[PDB]
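What follows is a deposited structure in which one can find givinostat.
The numbering of chain A matches the PDB entry: 60-417, in order. Every number for a ligand or one of its atoms is a count from 1 in the order of the listing. The figures here come from the full heavy-atom set of this structure, side chains too, leaving out hydrogens, waters and symmetry mates. Determined via X-ray crystallography, 1.4 Å.
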Amino acid sequence: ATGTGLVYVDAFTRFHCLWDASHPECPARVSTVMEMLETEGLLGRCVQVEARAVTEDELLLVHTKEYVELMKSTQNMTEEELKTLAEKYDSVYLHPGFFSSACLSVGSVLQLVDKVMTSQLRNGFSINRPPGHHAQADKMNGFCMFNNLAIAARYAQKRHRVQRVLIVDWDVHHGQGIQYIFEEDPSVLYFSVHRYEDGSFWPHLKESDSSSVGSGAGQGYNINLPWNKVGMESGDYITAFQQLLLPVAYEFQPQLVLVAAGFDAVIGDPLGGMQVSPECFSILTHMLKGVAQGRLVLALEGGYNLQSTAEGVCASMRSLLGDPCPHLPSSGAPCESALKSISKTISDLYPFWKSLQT
Ligand SMILES: CCN(CC)Cc1ccc2cc(COC(=O)Nc3ccc(C(=O)NO)cc3)ccc2c1
Ligand SMILES: [K+]
Ligand SMILES: [K+]
Ligand SMILES: [Zn+2]
């Protein structure tokens, strides 16, 4: 009842980029996480939860039937056919086992949602690949086939009857797929902090700026925090949570929190350009446990330095398990650029959240 669930299956290693041996999204990402969780003694403290394959009806909560069928057909394609299809999307590869692994990747999150919503566990972490946060209703994107967390949010609502879900995306990239899926939906609050640099950084979208607040019934329920300088640190992230995310989260009163738990903002990542210590993620995880009765599920997104990502997962897991947060050496104060971004996001979201008004 007070336990932390962990989902991992060997199938998560059974796909890789056939035409580029240097591709950063590779099986070692999850192997190294599991090895470090074990050597740190954290794996044995978790409740191992079985994965399952997502069903078609679960996928259809987010994705179109035509897209699901096309993705299913990739399991029977030749390498040349896989490459031709992958080239129709941005930043994607395909492999004959990609679809099977992607189905287990979604299902791993759903299994944890079941355990957490029924109070059989307190919280949990899926150690899954492929990632999900860029996947869209009818498109692969950014190493993603199916939108793991968007499916999990709608599943929590349909199966477990949850009214409000908060999705917190701390991967260094903007989860535009999640934003698009819930753009008009006030029942799923999406918060993303991400490198932006005025669009210079992938995925180069105007709608990754803080002016994209959602639309229609969803106006105010999409919150982007774009960083416009590299080198952000733990104090920048903690300050963003203290000034912006936590006040809104308590006002929103979510009944489940899902985290797009990428670790490409950790120091040493080859792509992220940030300098966040792995230990920061103990604090950020702790800061999210005070809403939704602690019903908190993390799912792996990006993160490409094998050691940095494994250290970030372990730091998050220590907090899920209830270990006291470490002291961080830095003061917690944000740099000027981070403060500028936080203030601008608050300015854009002020009209929709009493907890931000001054
Ligand atoms: C020899 C020097 N190069 C190494 C090969 C450096 C280099 C740096 C950045 C590159 C960026 C792109 C654009 O494409 C993406 O960045 N894609 C992408 C990345 C991460 C995630 C993710 O983690 N999301 O959460 C999603 C999508 C393409 C090529 C690049 C090459
Ligand atoms: K993000
Ligand atoms: K939304
Ligand atoms: Zn990323």
* Give the place of givinostat in the structure, all copies included. => ligand 1
* Asked: Which chain forms the chief contact surface with givinostat, and what is its name in the PDB entry?
  -> Histone deacetylase 6
* Asked: Of the protein's non-hydrogen atoms, which lies at the shortest distance from atom 18 (C) of givinostat, and what is that distance?
  -> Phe202 CZ, 3.6 Å
* According to the deposit information, what organism does chain A derive from? -> Danio rerio
* Taking heavy atoms and a distance under 4.0 Å, where does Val231 meet givinostat: side chain, backbone, both or neither? -> neither
* How about atom 27 (C) of givinostat: does it have a protein heavy atom within less than 4.0 Å? -> yes
* To do: Among all protein heavy atoms, pick the one closest to atom 8 (C) of givinostat and tell me residue, atom and distance.
  => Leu330 CD2, 3.9 Å
* Proximity to givinostat by part of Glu360, non-hydrogen separation under 4.0 Å -> neither
* Asked: Between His193 and givinostat, which residue portion shows a heavy-atom distance shorter than 4.0 Å: side chain, backbone, both, or neither?
  -> side chain
* **Contact residues, givinostat, heavy atoms 4.0 Å** => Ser150, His192, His193, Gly201, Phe202, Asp230, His232, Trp261, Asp323, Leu330, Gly361, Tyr363
